[PDB]
Participant: 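Structure provided below as structure tokens; questions to follow.
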Amino acid sequence: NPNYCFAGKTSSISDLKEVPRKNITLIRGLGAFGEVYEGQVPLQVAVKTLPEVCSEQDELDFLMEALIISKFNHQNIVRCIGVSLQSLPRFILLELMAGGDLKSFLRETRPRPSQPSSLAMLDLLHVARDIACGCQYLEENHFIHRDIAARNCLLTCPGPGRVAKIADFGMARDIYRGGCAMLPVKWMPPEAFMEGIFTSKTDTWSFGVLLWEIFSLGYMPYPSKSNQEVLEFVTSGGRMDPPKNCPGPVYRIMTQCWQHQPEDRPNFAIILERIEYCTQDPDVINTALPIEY
Ligand SMILES: C[C@@H](Oc1cc(-c2cnn(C3CCNCC3)c2)cnc1N)c1c(Cl)ccc(F)c1Cl
């Protein structure tokens, strides 16, 4: 059986907390490859399933993601409650994040004439800070995520006390051991999509794109551009414009994350400091978000 190494020590399937299948109840679906359910073990969980019709490589991928998530310990990375791998279909049990994924949340919670104050700049800055703290933890533990993006982040709840967390680690799992059209090229720096070079500064660039996602309130990056068009755009020095109403200090964090040379981009300690300074600036947090009519 395959092993996984993180933060010093090695782990195996035997290290995963196997939860008796009889102790697990599925409640409802929550919406690719394999289904997700709300469940109970009482402890409320999200249940990620492996389809019984799958390849041996699918099985190993599933095992590896379980090992990866179970080995993290940080408040801004989703918790793994355990697994149920000894019954079929196989389960991974995660912290239930009632707020759902960040991209969907931003789109469905955009300020509206019905909900004029559904969200403010400070809410967005807090989400950005949460994920940046998660990224800093990964960076200081030498883990490269490779796919930092709104679709891969979850929220504990829709309301004001919400906390954002990095939740999907499928790309990192694949590389740890696919095709061009499935690569998240719109979140990738030049050296990543050209040379296949990944470092912590890969995630910095991706975080810049996430920031754009956040302050655009859930738009797809590089509006109207295809993957190849973005590849050529970014390679030639092109960068996204500020999202609608985006404060200049926030846009500046994005453009620093998108420096062409990785050495010129900030690490996550610096990004955190700059996000913190934005949260302090009245001219930033007093800026009204656009109201979608
Ligand atoms: C694997 C799956 O896990 C969860 C999904 C959800 C989830 C998805 N959608 N919703 C909605 C349920 C109805 N109310 C709004 C949120 C909750 C909550 N916690 C989870 N651990 C998941 C999904 Cl589905 C999407 C992105 C992710 F990063 C992850 Cl990690």
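By the PDB entry numbering, chain A shows 1093-1123, 1126-1135, 1144-1279, 1286-1401, in order. FYI, side chains are in, hydrogens and waters are out, and symmetry mates aren't considered; it's all heavy atoms of this structure. Just so you know, ligand 1 is whichever comes first in the structure, and atom 1 is the first atom listed for that ligand.
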Participant: What drug or investigational compound is present at ligand 1?
Facilitator: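 PDB records name it crizotinib.
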Participant: Which polymer chain sits in most contact with crizotinib (ligand 1), and what is its name in the PDB entry?
Facilitator: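 Largest number of contacts: ALK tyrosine kinase receptor.
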Participant: I'm trying to place crizotinib (ligand 1) relative to the UniProt active-site residues of chain A - which one is nearest, and at what heavy-atom distance, to 1 Å?
Facilitator: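 Heavy-atom nearest UniProt active-site residue: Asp1249, 9 Å.
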Participant: Just which atoms of crizotinib (ligand 1) are under 4.0 Å from any heavy atom in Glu1197?
Facilitator: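 Under 4.0 Å from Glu1197, crizotinib (ligand 1) has these atoms: 19 (N), 20 (C), 21 (N).
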Participant: Find all atoms of crizotinib (ligand 1) within a distance of less than 4.0 Å from any non-hydrogen atom belonging to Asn1254, and give their numbers and elements.
Facilitator: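 Atoms satisfying the 4.0 Å criterion: 28 (F).
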Participant: Go through crizotinib (ligand 1) atom by atom and flag the ones less than 4.0 Å from a non-hydrogen atom of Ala1148.
Facilitator: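 Selected atoms, number and element: 4 (C), 19 (N), 20 (C), 21 (N).
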Participant: For crizotinib (ligand 1), indicate whether the residue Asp1270 contacts it via side chain, backbone, both or neither (heavy-atom separation under 4.0 Å).
Facilitator: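 Both of them.
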Participant: Would you indicate which of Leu1122, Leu1198, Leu1256, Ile1183 comes nearest to atom 3 (O) of crizotinib (ligand 1) when only heavy atoms are counted?
Facilitator: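 Comparing heavy atoms across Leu1122, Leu1198, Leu1256, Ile1183, the nearest one to atom 3 (O) of crizotinib (ligand 1) lies in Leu1256.
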Participant: Give the UniProt domain of chain A containing most of the residues in contact with crizotinib (ligand 1).
Facilitator: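 According to UniProt, mainly Protein kinase.
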Participant: What protein heavy atom lies closest to atom 11 (C) of crizotinib (ligand 1)? Include the residue and the distance to one decimal.
Facilitator: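 Heavy-atom neighbour on the protein nearest atom 11 (C) of crizotinib (ligand 1): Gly1202 CA, 4.3 Å.
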Participant: Show the binding site of crizotinib (ligand 1) at 4.0 Å, heavy-atom contacts only.
Facilitator: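 The heavy-atom contacts are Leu1122, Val1130, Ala1148, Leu1196, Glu1197, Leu1198, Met1199, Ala1200, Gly1201, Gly1202, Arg1253, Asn1254, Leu1256, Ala1269, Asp1270.
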